[PDB]
K.L.:
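Below: one structure in structure tokens.
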Amino acid sequence: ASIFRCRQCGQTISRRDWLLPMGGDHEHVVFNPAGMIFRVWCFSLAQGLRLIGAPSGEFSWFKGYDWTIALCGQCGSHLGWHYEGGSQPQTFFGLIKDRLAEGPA
Ligand SMILES: O=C1CC[C@H](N2C(=O)c3ccccc3C2=O)C(=O)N1
Ligand SMILES: [Zn+2]
């Protein structure tokens, strides 16, 4: 139980070791404007994604941060968001926990 892969395809995405307490917890439960609930795990680092477009501050769940959609770079599944433009840290990834699979390295 050390690496996180895309649930839909198996692409390598992140690692347990890279979880990031933001505001004291790596886990944040949030809703978007369409009411969808997301159980977001914050990671300092991730790979295997494709970050789409340019950042936006609109509706940001994390104060001082702008976001880009993060798709699985292999299959296109929406795995979460990349956050930037903030402070301590400047950047991080917020990934949707139930869209990843955890397993051995
Ligand atoms: O921090 C974030 C990331 C993006 C997220 N978001 C969405 O999930 C979404 C769906 C549809 C229209 C607009 C949005 C939006 O801003 C959101 O609500 N906040
Ligand atoms: Zn995938």
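In this chain, numbering begins with 1 at the start of the sequence shown. Counting starts at 1 for both ligands and their atoms, following the listed order. These numbers come from the heavy atoms of this one structure, side chains and all, not from hydrogens, waters or symmetry mates.
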K.L.:
At ligand 1, which drug or drug candidate appears?
P.N.:
S-thalidomide
K.L.:
Could you tell me the main partner of S-thalidomide (ligand 1) here, using whatever name the PDB entry has for it?
P.N.:
cereblon isoform 4
K.L.:
Side chain, backbone, both or neither: which part of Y83 comes within less than 4.0 Å of S-thalidomide (ligand 1) when only heavy atoms are counted?
P.N.:
side chain
K.L.:
Under 4.0 Å from a heavy atom of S60: give me the atoms of S-thalidomide (ligand 1) that qualify, with their elements.
P.N.:
1 (O)
K.L.:
Write out the residue and atom name of the closest protein heavy atom to atom 17 (C) of S-thalidomide (ligand 1), then the distance separating them to 0.1 Å.
P.N.:
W61 CZ2, 3.3 Å
K.L.:
Can you report which non-hydrogen protein atom sits closest to atom 11 (C) of S-thalidomide (ligand 1), along with the distance?
P.N.:
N32 ND2, 4.6 Å
K.L.:
For S-thalidomide (ligand 1), does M36 get within less than 4.0 Å through its side chain, its backbone, both, or neither, judged by non-hydrogen atoms?
P.N.:
neither
K.L.:
Can you pull up the source organism of chain A from the entry for me?
P.N.:
Magnetospirillum gryphiswaldense
K.L.:
Note the single closest protein heavy atom to atom 14 (C) of S-thalidomide (ligand 1), along with its residue, its atom name and the distance in Å.
P.N.:
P33 CD, 3.8 Å
K.L.:
For S-thalidomide (ligand 1), note which part of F59 has a heavy atom under 4.0 Å away: side chain, backbone, both or neither.
P.N.:
both
K.L.:
Enumerate the atoms of S-thalidomide (ligand 1) whose separation from the nearest heavy atom of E58 is less than 4.0 angstrom.
P.N.:
16 (O)
K.L.:
Give, by chain and number, all residues and nucleotides of other chains with a heavy atom within 4.0 Å of S-thalidomide (ligand 1).
P.N.:
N32, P33, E58, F59, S60, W61, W67, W81, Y83
K.L.:
Could you pull out the N/O contacts under 3.5 angstrom between S-thalidomide (ligand 1) and the surrounding protein atoms?
P.N.:
{"from": "S-thalidomide (ligand 1)", "atom 1": "1 (O)", "to": "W61", "atom 2": "N", "distance (Å)": "3.0"}
{"from": "S-thalidomide (ligand 1)", "atom 1": "1 (O)", "to": "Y83", "atom 2": "OH", "distance (Å)": "2.8"}
{"from": "S-thalidomide (ligand 1)", "atom 1": "8 (O)", "to": "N32", "atom 2": "ND2", "distance (Å)": "3.0"}
{"from": "S-thalidomide (ligand 1)", "atom 1": "19 (N)", "to": "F59", "atom 2": "O", "distance (Å)": "2.9"}

